[PDB]
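Model: Beta-lactamase / ligand imipenem (open form).
Per the PDB entry, chain A residues shown: 19-286, in order. Whatever order the structure lists ligands and atoms in, that order sets their numbers, starting from 1.
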Amino acid sequence: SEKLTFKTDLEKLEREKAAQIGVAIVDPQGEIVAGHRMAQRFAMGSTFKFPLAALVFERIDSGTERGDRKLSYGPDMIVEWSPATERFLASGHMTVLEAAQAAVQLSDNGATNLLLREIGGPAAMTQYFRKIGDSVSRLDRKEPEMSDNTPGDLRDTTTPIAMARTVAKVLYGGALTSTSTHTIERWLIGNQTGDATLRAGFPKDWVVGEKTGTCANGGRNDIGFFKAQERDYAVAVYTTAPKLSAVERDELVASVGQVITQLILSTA
Ligand SMILES: *C(=O)[C@H]([C@@H](C)O)[C@H]1CC(SCCNC=N)=C(C(=O)O)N1
């Protein structure tokens, strides 16, 4: 059984790395392909920045937001890990689209908070999840405190299955216009922060786009999509490994990518 090998290989990684590995793989319609701890809650960390950009694109599609609108800010918006926000600070603004692309591709915290200030904060992010059929994911705080990952805390969490289904809804389920869907897909493919995580474990001819996260207390996450030939999939991986180094956590997620690959290739 290929799915049994998938489960066994994930459980070996969990034992050997003292880790918990949550995974869900779904098809474009949200049907389950495989998973592990798929409805256990994990802290989202920066992975929510992908749904945040989808919310922004919904508003652009609708006309309630404009992509080229200039969002003014001062140094009060610079927080830990704000590389683009810091570069644009002297100019005094980033556009909605610039901020969204920095949030997705650089995980820029200041840019993320700039967008949260505009769209209604964590409560509005949570309402967007509900609107697109996700009753599970919740944003309660802005960055970086939303990544605190205090053991047992349900704030700022999702589950692998709920997030994978949200990814599928955004990329394949008609949440966005064809133009906005293509734009956000390209942003995920061009992500700058994921070279050592999931896409390091997938074949080099698969089209892969994803959004990483890192949370305190050992959280390392990666969500997105892969296309194996003509077959599209949405995927969400959330891991907790408090005893590993940062590099070993990257390698853990890459290993999960290989375990996913072995399943997908064998089930053809
Ligand atoms: C997201 O989880 C955090 C945010 C909550 O503080 C930021 C910090 C790291 S930065 C990754 C830099 N990549 C590099 N070479 C991420 C992340 O995407 O993992 N997001």
Hmm, which bits of this model belong to imipenem (open form)?
ligand 1
Under 3.5 Å between any N/O of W99 and any N/O of imipenem (open form): does that happen in this structure?
no
Does imipenem (open form) have an atom that lies less than 4.0 angstrom from a heavy atom of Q210?
no
Sub-4.0 Å heavy-atom contact, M164 with imipenem (open form):
no
At a non-hydrogen distance cut-off of under 4.0 Å, which region of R238 contacts imipenem (open form) (side chain, backbone, both, or neither)?
side chain
Please write down residue, atom name and distance for the protein heavy atom closest to atom 16 (C) of imipenem (open form).
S125 OG, 3.5 Å
Write down the covalent anchor of imipenem (open form): residue and atom, or none.
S64 OG
Per the PDB, what organism is listed as the origin of chain A?
Pseudomonas aeruginosa
Report, in ascending order of atom number, the atoms of imipenem (open form) lying under 4.0 Å from any heavy atom of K229.
18 (O)
Site residues for imipenem (open form), heavy atoms under 4.0 Å
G63, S64, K67, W99, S125, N127, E161, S165, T211, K229, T230, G231, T232, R238
One line per pair, note the atom names and distance for all nitrogen or oxygen contacts under 3.5 Å between imipenem (open form) and the protein.
from                 : atom 1 : to   : atom 2 : distance (Å)
imipenem (open form) : 2 (O)  : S64  : N      : 2.7
imipenem (open form) : 2 (O)  : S64  : OG     : 2.4
imipenem (open form) : 2 (O)  : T232 : N      : 2.8
imipenem (open form) : 2 (O)  : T232 : O      : 3.1
imipenem (open form) : 6 (O)  : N127 : ND2    : 3.0
imipenem (open form) : 18 (O) : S125 : OG     : 3.2
imipenem (open form) : 18 (O) : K229 : NZ     : 3.4
imipenem (open form) : 18 (O) : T230 : O      : 3.4
imipenem (open form) : 18 (O) : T230 : OG1    : 2.5
imipenem (open form) : 19 (O) : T230 : OG1    : 3.4
imipenem (open form) : 19 (O) : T232 : N      : 3.4
imipenem (open form) : 19 (O) : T232 : OG1    : 2.9
imipenem (open form) : 19 (O) : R238 : NH1    : 2.8
imipenem (open form) : 20 (N) : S64  : OG     : 2.8
imipenem (open form) : 20 (N) : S125 : OG     : 2.7

